[PDB]
Amino acid sequence: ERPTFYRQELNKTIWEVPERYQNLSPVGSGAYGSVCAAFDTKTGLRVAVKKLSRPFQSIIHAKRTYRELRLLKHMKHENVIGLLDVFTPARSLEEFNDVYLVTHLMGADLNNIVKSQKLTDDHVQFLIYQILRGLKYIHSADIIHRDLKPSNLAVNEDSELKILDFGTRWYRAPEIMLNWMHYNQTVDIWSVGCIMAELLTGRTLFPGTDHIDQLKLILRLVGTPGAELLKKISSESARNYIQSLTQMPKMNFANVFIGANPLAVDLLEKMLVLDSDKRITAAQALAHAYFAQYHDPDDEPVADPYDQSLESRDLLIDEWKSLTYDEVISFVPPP
Ligand SMILES: C[C@@H]1CN(Cc2ccc(F)cc2)[C@@H](C)CN1C(=O)c1cc2c(C(=O)C(=O)N(C)C)cn(C)c2cc1Cl
Ligand SMILES: CCCCCCCCO[C@@H]1O[C@H](CO)[C@@H](O)[C@H](O)[C@H]1O
């Protein structure tokens, strides 16, 4: 049977939430949407409840709601944000107006736990281990995150980590920067290297002041693209630009990451390769010697594959709304 809901004005709208969720107060000051921290009386968990905004206002709004709901419903993994609950106060499709999503309150992100300080090599092994475990899962579902950065990485005080928002500009692969039509999963590996470097050194690896500045910082660490990478460039404008570059040597990473664990440096080398086909994958990185104290080949699960074609249809609002409603009704909460 439907829970008892209660009405309580929050974020200058009337929230209606099941009574199980207690003590709602806003968090993140709108950086996350319309979100409140809550106490879930049923599970004993501190949770974040998100009231979707304007979810069926337009075709693109409707479409995006459906997508956010389907993605979250599909993600079931310790290192990826999933759903504890999804509800609407509506009894019918004709009543259906609002969607609320519930997940774990981790309560900080990566910056909020690091504060520009060098981390110990052991704490860096733990944090990167968890990103790569989570990313192995997302990638097995055939999803590319594309904007993996510290603000997208939720961390509790115990430094247990979940990846959020899955599918600044400082963590972005050069081809994402340059708006290449195609890319592979290892765009996210590039982001993990930037994150890992910054964790070890205390400092942002490529703090470009703008797009071109970033690119010059990247090229200066990893050399100008060699002959083999140039053979893979389609765009004549990009080709012309590259050849017009003054060639330069890849920097030695031992001299950039002075004093680091040599296994960390070895991993950084394998992640931060200009050519995306040549970067280590997440499943491979998880087997690298760097993570020996954490790697467990029997607890690094893969996802059932995910149909992105269902979310990129051109449908009517009412069609996307009735679909989204069926996702709500069909929700079965985790064990
Ligand atoms: C992933 C959850 C929920 N998330 C929104 C969300 C996503 C999916 C979903 F289904 C429900 C809610 C954001 C609030 C971030 N979030 C957090 O735990 C979080 C929480 C915070 C946060 C706060 O919690 C806080 O300031 N207080 C006072 C509790 C401050 N920062 C910088 C935060 C960063 C994150 Cl990532
Ligand atoms: C300054 C110019 C250097 C930018 C080089 C980025 C090269 C990234 O690598 C390229 O990734 C593409 C995916 O986007 C694939 O099409 C290619 O196979 C791969 O070589």
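Numbers here are sequence positions counted from 1. First listed ligand is number 1; within each ligand, the first listed atom is number 1. As a basis for the values below, the full set of heavy atoms in this structure was taken, side chains included, without hydrogen atoms, waters or symmetry mates.
At ligand 1 one finds the drug SCIO-469. Ranked by contacts, the top partner of SCIO-469 (ligand 1) (the one with most) is named in the PDB entry as Mitogen-activated protein kinase 14.
Considering both main-chain and side-chain atoms, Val35 never comes within under 3.5 Å of SCIO-469 (ligand 1) through any nitrogen or oxygen pair. At least one protein heavy atom sits closer than 4.0 Å to atom 10 (F) of SCIO-469 (ligand 1).
The organism that the PDB names for chain A is Homo sapiens.
Residue contact annotation: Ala37 has no non-hydrogen atom under 4.0 Å from SCIO-469 (ligand 1). Shown in contact with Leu101 at under 4.0 Å from a heavy atom are these atoms of SCIO-469 (ligand 1), numbered in order with element: 10 (F), 11 (C). Considering backbone and side-chain N/O of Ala108, none are found under 3.5 Å from N/O of SCIO-469 (ligand 1). By UniProt annotation, the domain of chain A with most residues touching SCIO-469 (ligand 1) is Protein kinase. The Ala48 neighbourhood of SCIO-469 (ligand 1) comprises atoms 3 (C), 11 (C), 12 (C), with distances under 4.0 Å to a heavy atom of that residue.
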